[PDB]
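Structure (with estradiol).
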Amino acid sequence: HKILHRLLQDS
Amino acid sequence: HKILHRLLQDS
Amino acid sequence: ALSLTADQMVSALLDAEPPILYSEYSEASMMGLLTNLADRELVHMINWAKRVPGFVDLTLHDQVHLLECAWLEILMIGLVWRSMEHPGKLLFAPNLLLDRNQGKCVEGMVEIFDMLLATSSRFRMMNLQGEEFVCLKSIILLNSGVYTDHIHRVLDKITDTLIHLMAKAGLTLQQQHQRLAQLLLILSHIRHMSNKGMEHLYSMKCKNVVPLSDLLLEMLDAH
Amino acid sequence: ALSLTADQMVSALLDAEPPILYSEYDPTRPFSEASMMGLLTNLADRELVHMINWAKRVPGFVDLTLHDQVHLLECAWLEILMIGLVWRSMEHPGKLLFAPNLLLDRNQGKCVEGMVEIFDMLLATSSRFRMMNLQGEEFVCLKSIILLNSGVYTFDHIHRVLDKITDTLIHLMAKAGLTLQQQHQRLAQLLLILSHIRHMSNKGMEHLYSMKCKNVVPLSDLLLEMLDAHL
Ligand SMILES: C[C@]12CC[C@@H]3c4ccc(O)cc4CC[C@H]3[C@@H]1CC[C@@H]2O
Ligand SMILES: C[C@]12CC[C@@H]3c4ccc(O)cc4CC[C@H]3[C@@H]1CC[C@@H]2O
(Lines of atoms letter the chains of each structure in order from A and count residues from 1; the text may use other names and numbers.)
(Lines give C-alpha, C1' and ligand atoms only; values in the text may rest on other atoms or scores of the structure.)
(Ligands and ions follow the chains in the order given, each with its own letter.)
Protein backbone atom coordinates (compact mmCIF):
# COMPACT_ATOMS: atom_id res chain seq x y z
CA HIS A 1 0.00 0.00 0.00
CA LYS A 2 2.49 2.24 -1.39
CA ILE A 3 2.73 5.88 -1.43
CA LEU A 4 2.31 6.31 -5.03
CA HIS A 5 -0.68 4.25 -4.98
CA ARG A 6 -2.93 6.32 -2.82
CA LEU A 7 -1.41 9.54 -4.31
CA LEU A 8 -2.86 8.22 -7.51
CA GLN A 9 -6.41 8.88 -6.18
CA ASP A 10 -6.62 12.36 -4.37
CA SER A 11 -9.55 14.89 -4.73
CA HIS B 1 45.73 1.68 -27.72
CA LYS B 2 43.08 -0.55 -26.59
CA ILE B 3 42.68 -3.97 -27.77
CA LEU B 4 39.83 -3.19 -29.89
CA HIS B 5 41.56 -0.32 -31.67
CA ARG B 6 44.05 -2.89 -32.96
CA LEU B 7 41.37 -5.72 -33.88
CA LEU B 8 39.45 -3.14 -35.80
CA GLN B 9 42.43 -2.95 -38.14
CA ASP B 10 42.55 -6.61 -39.26
CA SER B 11 41.90 -6.06 -42.95
CA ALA C 1 -9.88 9.04 -25.49
CA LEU C 2 -8.64 7.13 -28.53
CA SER C 3 -11.11 9.29 -30.48
CA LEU C 4 -9.27 12.59 -29.98
CA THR C 5 -8.20 14.44 -33.12
CA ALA C 6 -4.47 15.06 -33.62
CA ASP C 7 -5.00 18.65 -32.45
CA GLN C 8 -7.00 17.47 -29.43
CA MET C 9 -4.07 15.23 -28.52
CA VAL C 10 -1.69 18.23 -28.79
CA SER C 11 -4.09 20.55 -26.97
CA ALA C 12 -4.65 18.05 -24.16
CA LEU C 13 -0.93 17.37 -23.68
CA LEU C 14 0.00 21.05 -23.69
CA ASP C 15 -2.84 21.63 -21.22
CA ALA C 16 -1.57 18.90 -18.85
CA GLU C 17 1.99 20.28 -18.60
CA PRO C 18 3.30 20.56 -15.03
CA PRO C 19 4.50 23.96 -13.78
CA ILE C 20 8.17 24.90 -13.81
CA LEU C 21 9.23 24.84 -10.16
CA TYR C 22 11.90 26.93 -8.39
CA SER C 23 14.88 26.11 -6.16
CA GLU C 24 16.27 27.94 -3.07
CA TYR C 25 18.01 31.34 -3.46
CA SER C 26 29.42 21.60 -1.77
CA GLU C 27 28.33 18.06 -2.49
CA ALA C 28 25.68 17.89 0.24
CA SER C 29 24.05 21.23 -0.56
CA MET C 30 23.94 20.59 -4.31
CA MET C 31 22.47 17.07 -3.88
CA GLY C 32 20.03 18.58 -1.40
CA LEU C 33 18.86 21.22 -3.88
CA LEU C 34 18.53 18.70 -6.73
CA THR C 35 16.73 16.00 -4.81
CA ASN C 36 14.49 18.48 -2.97
CA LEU C 37 13.52 19.79 -6.42
CA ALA C 38 12.92 16.36 -7.96
CA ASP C 39 10.77 15.45 -4.98
CA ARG C 40 8.50 18.43 -5.42
CA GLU C 41 8.41 17.86 -9.22
CA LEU C 42 7.42 14.24 -8.69
CA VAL C 43 4.24 15.30 -6.97
CA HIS C 44 3.38 17.49 -9.98
CA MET C 45 4.29 14.55 -12.26
CA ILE C 46 1.71 12.22 -10.67
CA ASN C 47 -1.08 14.69 -11.52
CA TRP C 48 0.24 15.32 -15.04
CA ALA C 49 0.25 11.61 -15.81
CA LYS C 50 -3.44 11.24 -14.97
CA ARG C 51 -4.08 13.97 -17.51
CA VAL C 52 -2.20 12.02 -20.21
CA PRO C 53 -5.06 10.66 -22.38
CA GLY C 54 -5.59 6.96 -21.76
CA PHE C 55 -3.59 6.86 -18.53
CA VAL C 56 -6.46 6.77 -16.00
CA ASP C 57 -8.09 3.94 -18.03
CA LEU C 58 -5.39 1.51 -16.84
CA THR C 59 -5.57 -0.27 -13.48
CA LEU C 60 -3.74 1.51 -10.66
CA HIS C 61 -1.24 -1.42 -10.58
CA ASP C 62 -0.13 -0.50 -14.07
CA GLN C 63 -0.31 3.25 -13.38
CA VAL C 64 2.13 2.82 -10.47
CA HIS C 65 4.32 0.59 -12.60
CA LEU C 66 4.74 2.96 -15.54
CA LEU C 67 5.43 5.95 -13.26
CA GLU C 68 8.04 4.04 -11.22
CA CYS C 69 9.80 2.86 -14.38
CA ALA C 70 9.71 6.21 -16.11
CA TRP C 71 9.91 8.98 -13.52
CA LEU C 72 13.60 9.88 -13.89
CA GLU C 73 13.38 9.66 -17.67
CA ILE C 74 10.54 12.12 -17.35
CA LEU C 75 12.48 14.54 -15.08
CA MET C 76 15.49 14.35 -17.38
CA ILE C 77 13.68 15.03 -20.67
CA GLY C 78 11.97 17.93 -18.91
CA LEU C 79 15.40 19.09 -17.74
CA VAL C 80 16.90 18.78 -21.22
CA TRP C 81 13.96 20.64 -22.80
CA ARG C 82 14.36 23.56 -20.35
CA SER C 83 18.07 23.73 -21.10
CA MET C 84 17.71 23.79 -24.86
CA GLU C 85 18.14 27.57 -25.00
CA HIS C 86 21.19 27.56 -22.79
CA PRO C 87 24.08 25.85 -24.56
CA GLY C 88 26.45 24.43 -21.96
CA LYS C 89 24.11 24.87 -19.01
CA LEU C 90 21.32 22.89 -17.31
CA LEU C 91 18.23 24.81 -16.24
CA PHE C 92 17.18 22.68 -13.28
CA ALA C 93 15.06 25.69 -12.23
CA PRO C 94 14.93 29.33 -13.40
CA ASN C 95 17.08 30.29 -10.40
CA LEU C 96 19.21 27.16 -10.66
CA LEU C 97 21.06 27.30 -13.93
CA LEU C 98 24.13 25.13 -13.63
CA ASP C 99 26.94 25.17 -16.14
CA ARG C 100 28.98 22.07 -16.86
CA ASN C 101 31.80 22.52 -14.33
CA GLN C 102 29.39 22.70 -11.39
CA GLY C 103 28.66 19.02 -11.99
CA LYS C 104 32.17 18.37 -10.61
CA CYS C 105 30.90 19.54 -7.22
CA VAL C 106 29.18 16.17 -6.87
CA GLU C 107 31.08 12.87 -7.22
CA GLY C 108 30.10 11.09 -10.43
CA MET C 109 27.73 13.89 -11.44
CA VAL C 110 29.73 15.66 -14.18
CA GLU C 111 29.48 12.65 -16.49
CA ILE C 112 25.71 12.67 -16.26
CA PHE C 113 25.74 16.47 -16.87
CA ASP C 114 27.67 15.84 -20.11
CA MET C 115 25.11 13.30 -21.33
CA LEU C 116 22.28 15.73 -20.55
CA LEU C 117 24.11 18.64 -22.23
CA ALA C 118 24.76 16.48 -25.31
CA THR C 119 21.03 15.66 -25.49
CA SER C 120 20.10 19.33 -25.15
CA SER C 121 22.58 20.16 -27.87
CA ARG C 122 20.78 17.46 -29.88
CA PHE C 123 17.37 19.10 -29.27
CA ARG C 124 18.95 22.33 -30.45
CA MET C 125 20.36 20.80 -33.67
CA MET C 126 16.91 19.27 -34.35
CA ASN C 127 15.12 22.48 -33.39
CA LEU C 128 12.67 20.40 -31.33
CA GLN C 129 9.26 22.08 -30.97
CA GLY C 130 7.28 22.15 -27.71
CA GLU C 131 4.46 20.18 -29.29
CA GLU C 132 6.93 17.40 -30.12
CA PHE C 133 8.37 17.46 -26.63
CA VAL C 134 5.01 16.90 -24.90
CA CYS C 135 4.57 13.93 -27.26
CA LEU C 136 7.97 12.35 -26.47
CA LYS C 137 7.35 12.70 -22.73
CA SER C 138 3.94 11.00 -22.95
CA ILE C 139 5.59 8.29 -25.04
CA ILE C 140 8.19 7.74 -22.31
CA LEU C 141 5.46 7.33 -19.65
CA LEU C 142 3.49 4.73 -21.63
CA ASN C 143 6.47 3.02 -23.31
CA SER C 144 9.19 2.66 -20.74
CA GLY C 145 7.69 0.07 -18.43
CA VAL C 146 5.09 -1.22 -20.89
CA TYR C 147 6.65 -4.75 -21.03
CA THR C 148 7.83 -5.34 -17.44
CA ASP C 149 -3.31 -3.82 -26.41
CA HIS C 150 -5.01 -0.55 -25.33
CA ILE C 151 -1.83 1.27 -24.47
CA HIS C 152 -0.30 0.28 -27.81
CA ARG C 153 -3.35 1.96 -29.30
CA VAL C 154 -2.68 5.14 -27.26
CA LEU C 155 0.97 5.01 -28.36
CA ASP C 156 -0.07 4.70 -32.00
CA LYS C 157 -2.25 7.81 -31.65
CA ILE C 158 0.65 9.77 -30.15
CA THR C 159 2.78 8.70 -33.16
CA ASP C 160 -0.10 9.84 -35.39
CA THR C 161 0.08 13.11 -33.50
CA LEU C 162 3.84 13.64 -34.00
CA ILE C 163 3.44 12.95 -37.70
CA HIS C 164 0.49 15.43 -37.86
CA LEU C 165 2.72 18.15 -36.39
CA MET C 166 5.42 17.39 -38.94
CA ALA C 167 2.95 17.31 -41.82
CA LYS C 168 1.59 20.62 -40.55
CA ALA C 169 5.10 22.06 -40.52
CA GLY C 170 5.23 21.38 -44.26
CA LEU C 171 7.65 18.46 -44.09
CA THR C 172 7.65 15.94 -46.88
CA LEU C 173 6.85 12.31 -46.18
CA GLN C 174 10.49 11.33 -46.33
CA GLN C 175 11.32 14.14 -43.91
CA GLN C 176 8.44 13.19 -41.57
CA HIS C 177 9.65 9.63 -41.33
CA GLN C 178 13.24 10.67 -40.89
CA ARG C 179 12.42 13.17 -38.11
CA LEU C 180 10.11 10.65 -36.36
CA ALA C 181 13.04 8.19 -36.22
CA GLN C 182 15.55 10.85 -35.07
CA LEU C 183 13.17 11.94 -32.34
CA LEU C 184 12.54 8.41 -31.06
CA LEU C 185 16.22 7.31 -31.14
CA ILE C 186 16.76 10.04 -28.56
CA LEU C 187 14.50 8.17 -26.12
CA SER C 188 17.15 5.44 -26.21
CA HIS C 189 19.75 7.96 -24.88
CA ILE C 190 17.31 9.26 -22.25
CA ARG C 191 16.81 5.64 -21.04
CA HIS C 192 20.60 5.33 -20.78
CA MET C 193 20.84 8.53 -18.76
CA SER C 194 18.02 7.43 -16.46
CA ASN C 195 19.73 4.12 -15.75
CA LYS C 196 23.04 5.86 -14.94
CA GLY C 197 21.27 8.55 -12.89
CA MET C 198 19.47 5.87 -10.91
CA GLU C 199 22.74 4.20 -10.18
CA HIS C 200 24.13 7.53 -9.03
CA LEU C 201 21.11 8.40 -6.86
CA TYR C 202 21.35 4.96 -5.21
CA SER C 203 25.04 5.37 -4.36
CA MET C 204 24.14 8.67 -2.72
CA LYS C 205 21.26 7.10 -0.77
CA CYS C 206 23.63 4.47 0.68
CA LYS C 207 26.43 7.00 1.51
CA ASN C 208 24.03 9.17 3.52
CA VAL C 209 25.09 12.43 1.86
CA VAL C 210 21.56 13.69 1.79
CA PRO C 211 18.07 13.23 3.28
CA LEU C 212 15.65 11.88 0.66
CA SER C 213 11.83 12.08 0.92
CA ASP C 214 9.57 9.03 1.19
CA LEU C 215 8.18 9.45 -2.33
CA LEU C 216 11.63 9.84 -3.81
CA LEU C 217 12.80 6.88 -1.76
CA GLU C 218 10.09 4.62 -3.01
CA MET C 219 10.55 5.75 -6.63
CA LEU C 220 14.27 4.88 -6.30
CA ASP C 221 13.58 1.48 -4.70
CA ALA C 222 11.29 0.34 -7.58
CA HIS C 223 14.49 0.03 -9.59
CA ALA D 1 27.78 4.77 -48.80
CA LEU D 2 24.81 7.13 -48.96
CA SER D 3 24.25 6.15 -52.55
CA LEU D 4 22.75 2.79 -51.74
CA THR D 5 19.18 2.13 -52.77
CA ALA D 6 16.95 0.93 -50.02
CA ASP D 7 17.39 -2.60 -51.48
CA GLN D 8 21.19 -2.28 -51.79
CA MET D 9 21.20 -1.20 -48.17
CA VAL D 10 19.15 -4.29 -47.20
CA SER D 11 21.27 -6.80 -49.19
CA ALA D 12 24.53 -5.41 -47.82
CA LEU D 13 23.06 -5.78 -44.33
CA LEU D 14 21.77 -9.32 -44.87
CA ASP D 15 25.12 -10.27 -46.38
CA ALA D 16 27.05 -8.93 -43.42
CA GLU D 17 25.21 -11.11 -40.86
CA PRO D 18 27.39 -13.02 -38.39
CA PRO D 19 27.04 -16.83 -37.95
CA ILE D 20 24.94 -18.35 -35.21
CA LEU D 21 27.73 -19.74 -32.97
CA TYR D 22 27.72 -22.66 -30.51
CA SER D 23 28.41 -22.63 -26.76
CA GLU D 24 30.71 -25.20 -25.21
CA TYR D 25 27.87 -26.45 -23.07
CA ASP D 26 29.04 -29.57 -21.23
CA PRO D 27 26.02 -31.79 -20.49
CA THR D 28 27.92 -34.29 -18.31
CA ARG D 29 27.61 -31.98 -15.29
CA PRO D 30 24.99 -29.77 -13.67
CA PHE D 31 25.09 -25.99 -13.88
CA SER D 32 26.53 -23.87 -11.13
CA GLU D 33 26.46 -20.08 -11.06
CA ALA D 34 30.08 -20.07 -12.19
CA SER D 35 29.84 -22.56 -15.07
CA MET D 36 26.78 -20.84 -16.54
CA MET D 37 28.49 -17.47 -16.40
CA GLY D 38 31.56 -19.18 -17.89
CA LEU D 39 29.44 -20.45 -20.79
CA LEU D 40 27.61 -17.20 -21.50
CA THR D 41 30.72 -15.00 -21.47
CA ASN D 42 32.75 -17.53 -23.45
CA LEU D 43 30.01 -17.36 -26.09
CA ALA D 44 29.78 -13.55 -25.96
CA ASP D 45 33.53 -13.31 -26.36
CA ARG D 46 33.48 -15.32 -29.58
CA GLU D 47 30.40 -13.43 -30.92
CA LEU D 48 32.35 -10.20 -30.18
CA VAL D 49 35.07 -11.19 -32.63
CA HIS D 50 32.41 -11.57 -35.35
CA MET D 51 30.70 -8.34 -34.33
CA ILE D 52 33.91 -6.35 -34.86
CA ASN D 53 34.05 -7.64 -38.43
CA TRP D 54 30.31 -7.34 -38.97
CA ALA D 55 30.39 -3.68 -37.94
CA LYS D 56 33.10 -2.90 -40.51
CA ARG D 57 30.57 -4.13 -43.04
CA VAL D 58 27.85 -1.75 -41.90
CA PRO D 59 27.73 1.02 -44.54
CA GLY D 60 29.52 4.13 -43.32
CA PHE D 61 31.08 2.49 -40.27
CA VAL D 62 34.62 2.11 -41.66
CA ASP D 63 34.59 5.74 -42.87
CA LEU D 64 34.79 6.85 -39.24
CA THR D 65 38.03 7.43 -37.38
CA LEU D 66 39.21 4.37 -35.53
CA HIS D 67 38.42 6.15 -32.25
CA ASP D 68 34.75 6.61 -33.16
CA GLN D 69 34.50 2.96 -34.30
CA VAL D 70 35.95 1.90 -30.93
CA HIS D 71 33.53 4.21 -29.09
CA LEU D 72 30.32 3.08 -30.87
CA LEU D 73 31.15 -0.61 -30.46
CA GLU D 74 32.16 -0.23 -26.81
CA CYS D 75 28.89 1.62 -26.23
CA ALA D 76 26.59 -0.81 -28.09
CA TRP D 77 28.13 -4.31 -27.81
CA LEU D 78 25.77 -5.80 -25.23
CA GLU D 79 22.73 -4.26 -26.91
CA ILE D 80 23.73 -5.91 -30.18
CA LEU D 81 24.32 -9.31 -28.50
CA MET D 82 21.01 -8.93 -26.75
CA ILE D 83 18.97 -8.03 -29.83
CA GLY D 84 20.59 -10.97 -31.62
CA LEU D 85 19.59 -13.31 -28.80
CA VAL D 86 16.04 -12.01 -28.79
CA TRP D 87 15.82 -12.47 -32.58
CA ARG D 88 17.24 -16.04 -32.29
CA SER D 89 14.67 -16.67 -29.59
CA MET D 90 11.64 -15.47 -31.56
CA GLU D 91 10.61 -19.02 -32.47
CA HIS D 92 11.03 -20.39 -28.93
CA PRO D 93 8.34 -19.15 -26.49
CA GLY D 94 9.59 -19.26 -22.90
CA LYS D 95 13.17 -19.87 -24.01
CA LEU D 96 16.36 -18.06 -24.94
CA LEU D 97 18.40 -19.63 -27.72
CA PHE D 98 21.87 -18.35 -26.80
CA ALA D 99 23.25 -21.08 -29.02
CA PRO D 100 21.60 -24.01 -30.83
CA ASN D 101 22.97 -26.22 -28.03
CA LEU D 102 22.21 -23.66 -25.31
CA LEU D 103 18.48 -23.05 -24.99
CA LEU D 104 17.61 -21.71 -21.51
CA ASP D 105 14.30 -20.96 -19.74
CA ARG D 106 13.79 -18.56 -16.80
CA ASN D 107 14.29 -21.36 -14.23
CA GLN D 108 17.78 -21.94 -15.58
CA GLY D 109 18.36 -18.21 -15.26
CA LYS D 110 17.86 -18.65 -11.50
CA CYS D 111 21.20 -20.49 -11.34
CA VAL D 112 23.02 -17.16 -11.63
CA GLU D 113 22.11 -14.65 -8.96
CA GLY D 114 20.41 -11.55 -10.41
CA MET D 115 20.06 -13.26 -13.78
CA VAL D 116 16.40 -14.34 -13.79
CA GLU D 117 15.01 -10.79 -13.89
CA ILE D 118 17.25 -10.08 -16.91
CA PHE D 119 16.09 -13.35 -18.59
CA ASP D 120 12.53 -12.12 -18.01
CA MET D 121 13.06 -8.80 -19.79
CA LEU D 122 14.73 -10.62 -22.68
CA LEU D 123 11.92 -13.19 -22.84
CA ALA D 124 9.32 -10.39 -22.87
CA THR D 125 11.19 -8.58 -25.64
CA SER D 126 11.16 -11.82 -27.66
CA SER D 127 7.32 -12.03 -27.22
CA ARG D 128 7.09 -8.43 -28.46
CA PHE D 129 9.06 -9.44 -31.56
CA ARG D 130 6.68 -12.37 -31.95
CA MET D 131 3.45 -10.47 -31.55
CA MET D 132 4.78 -7.87 -34.06
CA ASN D 133 5.99 -10.52 -36.51
CA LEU D 134 9.38 -8.76 -36.83
CA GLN D 135 11.05 -9.61 -40.13
CA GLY D 136 14.72 -10.39 -40.71
CA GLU D 137 15.11 -7.30 -42.88
CA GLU D 138 13.73 -5.13 -40.09
CA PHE D 139 16.00 -6.87 -37.56
CA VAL D 140 19.24 -6.19 -39.47
CA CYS D 141 18.16 -2.54 -39.81
CA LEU D 142 17.49 -2.22 -36.06
CA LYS D 143 20.79 -3.86 -35.10
CA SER D 144 22.70 -1.38 -37.31
CA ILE D 145 20.72 1.51 -35.89
CA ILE D 146 21.82 0.38 -32.43
CA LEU D 147 25.45 0.33 -33.56
CA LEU D 148 25.41 3.81 -35.06
CA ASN D 149 23.00 5.42 -32.52
CA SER D 150 23.84 4.29 -29.00
CA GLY D 151 27.09 6.18 -28.66
CA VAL D 152 26.41 8.93 -31.20
CA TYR D 153 25.48 11.58 -28.57
CA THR D 154 28.76 11.12 -27.01
CA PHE D 155 29.33 13.54 -29.77
CA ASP D 156 26.58 14.41 -38.73
CA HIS D 157 27.82 11.84 -41.21
CA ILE D 158 26.32 9.26 -38.83
CA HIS D 159 22.96 10.99 -39.00
CA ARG D 160 22.83 10.75 -42.78
CA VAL D 161 23.45 7.00 -42.63
CA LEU D 162 20.87 6.66 -39.85
CA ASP D 163 18.43 8.65 -42.03
CA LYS D 164 19.12 6.19 -44.88
CA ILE D 165 18.31 3.20 -42.68
CA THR D 166 14.98 4.86 -41.83
CA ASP D 167 14.22 5.33 -45.53
CA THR D 168 15.04 1.65 -45.86
CA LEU D 169 12.75 0.46 -43.05
CA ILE D 170 9.85 2.49 -44.44
CA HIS D 171 10.50 1.12 -47.94
CA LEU D 172 10.23 -2.47 -46.56
CA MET D 173 6.96 -1.70 -44.82
CA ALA D 174 5.71 -0.17 -48.03
CA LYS D 175 7.08 -3.21 -49.83
CA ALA D 176 5.15 -5.50 -47.41
CA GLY D 177 1.96 -3.59 -48.31
CA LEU D 178 1.30 -1.73 -45.07
CA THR D 179 -0.73 1.49 -45.33
CA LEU D 180 0.91 4.92 -44.95
CA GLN D 181 -0.37 5.19 -41.34
CA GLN D 182 0.84 1.67 -40.56
CA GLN D 183 4.28 2.58 -41.88
CA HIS D 184 4.88 5.37 -39.30
CA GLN D 185 3.12 3.42 -36.53
CA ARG D 186 5.28 0.37 -37.06
CA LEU D 187 8.42 2.53 -37.57
CA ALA D 188 7.78 3.91 -34.09
CA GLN D 189 6.97 0.54 -32.43
CA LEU D 190 10.24 -0.84 -33.78
CA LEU D 191 12.36 2.10 -32.59
CA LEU D 192 10.67 2.18 -29.16
CA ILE D 193 11.94 -1.36 -28.65
CA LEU D 194 15.48 0.04 -28.79
CA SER D 195 14.66 1.84 -25.50
CA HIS D 196 13.91 -1.50 -23.89
CA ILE D 197 17.12 -2.96 -25.33
CA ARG D 198 19.20 -0.08 -23.95
CA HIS D 199 17.64 -0.75 -20.57
CA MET D 200 18.33 -4.50 -20.63
CA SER D 201 21.86 -3.64 -21.75
CA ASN D 202 22.39 -1.27 -18.79
CA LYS D 203 21.16 -3.89 -16.32
CA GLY D 204 23.16 -6.60 -18.08
CA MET D 205 26.30 -4.45 -17.85
CA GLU D 206 25.70 -3.81 -14.17
CA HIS D 207 25.25 -7.55 -13.61
CA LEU D 208 28.40 -8.60 -15.47
CA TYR D 209 30.44 -6.00 -13.59
CA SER D 210 29.04 -7.53 -10.45
CA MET D 211 30.08 -11.05 -11.53
CA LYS D 212 33.57 -9.89 -12.38
CA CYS D 213 33.81 -8.03 -9.08
CA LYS D 214 32.86 -11.15 -7.13
CA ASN D 215 35.40 -13.16 -9.13
CA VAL D 216 32.63 -15.53 -10.29
CA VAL D 217 34.09 -15.96 -13.83
CA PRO D 218 37.28 -15.04 -15.61
CA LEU D 219 36.71 -12.67 -18.48
CA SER D 220 38.74 -12.42 -21.65
CA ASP D 221 40.70 -9.21 -22.11
CA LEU D 222 38.34 -7.93 -24.82
CA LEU D 223 35.25 -8.48 -22.67
CA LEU D 224 37.06 -6.84 -19.78
CA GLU D 225 37.91 -3.76 -21.77
CA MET D 226 34.40 -3.71 -23.29
CA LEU D 227 33.13 -3.73 -19.68
CA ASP D 228 35.58 -1.06 -18.45
CA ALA D 229 34.33 1.15 -21.26
CA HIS D 230 31.10 1.50 -19.26
CA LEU D 231 30.47 1.18 -13.40
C1 LIG E 1 18.84 11.86 -9.68
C2 LIG E 1 19.75 13.08 -9.61
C3 LIG E 1 19.11 14.13 -8.71
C4 LIG E 1 17.90 14.79 -9.38
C5 LIG E 1 18.28 15.35 -10.75
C6 LIG E 1 17.16 16.12 -11.36
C7 LIG E 1 16.41 16.99 -10.57
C8 LIG E 1 15.37 17.71 -11.15
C9 LIG E 1 15.06 17.59 -12.50
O10 LIG E 1 14.03 18.32 -13.02
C11 LIG E 1 15.79 16.74 -13.33
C12 LIG E 1 16.84 15.99 -12.80
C13 LIG E 1 17.63 15.07 -13.70
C14 LIG E 1 18.98 14.75 -13.06
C15 LIG E 1 18.75 14.22 -11.65
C16 LIG E 1 20.01 13.67 -10.99
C17 LIG E 1 20.84 12.61 -11.70
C18 LIG E 1 21.74 12.09 -10.58
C19 LIG E 1 21.17 12.65 -9.27
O20 LIG E 1 21.25 11.67 -8.23
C1 LIG F 1 26.17 -10.03 -19.69
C2 LIG F 1 25.66 -11.41 -19.27
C3 LIG F 1 26.59 -12.51 -19.75
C4 LIG F 1 26.51 -12.67 -21.27
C5 LIG F 1 25.07 -12.84 -21.76
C6 LIG F 1 25.02 -13.05 -23.22
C7 LIG F 1 26.00 -13.80 -23.83
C8 LIG F 1 25.95 -14.00 -25.21
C9 LIG F 1 24.94 -13.49 -26.03
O10 LIG F 1 25.08 -13.78 -27.41
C11 LIG F 1 23.92 -12.72 -25.43
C12 LIG F 1 23.93 -12.48 -24.05
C13 LIG F 1 22.84 -11.66 -23.41
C14 LIG F 1 22.83 -11.80 -21.90
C15 LIG F 1 24.24 -11.64 -21.34
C16 LIG F 1 24.27 -11.63 -19.82
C17 LIG F 1 23.42 -10.63 -19.07
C18 LIG F 1 24.07 -10.57 -17.69
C19 LIG F 1 25.32 -11.43 -17.79
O20 LIG F 1 26.31 -10.88 -16.93
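Chain letters run alphabetically, one per sequence line, in listed order. Chain A residue numbers are taken from the PDB entry; in order, the displayed residues are 2-12. Numbering of chain B is taken from the PDB entry, so the residues present carry the numbers 2-12, in order. Chain C uses the PDB entry numbers throughout; the residues present, in order, are 307-331, 338-460, 473-547. Numbering, chain D: per the PDB entry, residues 307-461, 473-547, 549 in sequence. Indexing begins at 1, ligand by ligand and atom by atom, following the structure's order. Quick note: numbers below take in every heavy atom, side chains included, and nothing from hydrogens, waters or symmetry partners.
Short version: main partner of estradiol (ligand 2), named per UniProt, is Estrogen receptor. Every other chain with a heavy atom under 4.0 Å from estradiol (ligand 2) is listed here: D. Near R394(D), meaning under 4.0 Å from one of its heavy atoms, estradiol (ligand 2) places the atoms 10 (O). Within the 4.0 Å heavy-atom criterion, the part of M343(D) lying near estradiol (ligand 2) is the side chain and not the backbone.
For chain D, a heavy atom less than 4.0 Å from estradiol (ligand 2) occurs in the following UniProt 17beta-estradiol-binding residues: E353(D), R394(D), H524(D).
On the PDB entry, the origin listed for chain D is Homo sapiens.
Between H524(D) and estradiol (ligand 2), an N or O atom pair is found at a separation short of 3.5 Å. Considering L540(D), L384(D), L387(D) only, the shortest heavy-atom separation from atom 15 (C) of estradiol (ligand 2) involves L384(D). Within the structure, estradiol (ligand 2) has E353(D) among the residues with a heavy atom less than 4.0 angstrom away.
Atoms of estradiol (ligand 2) found under 4.0 Å from any heavy atom of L525(D), numbered from 1 in the order shown, are 20 (O). In terms of UniProt domains, the contact of chain D with estradiol (ligand 2) runs mainly through NR LBD. The list of other ligands and ions under 4.0 Å from estradiol (ligand 2) is empty.
Heavy atoms under 4.0 Å from estradiol (ligand 2) belong to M343(D), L346(D), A350(D), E353(D), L387(D), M388(D), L391(D), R394(D), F404(D), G521(D), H524(D), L525(D).
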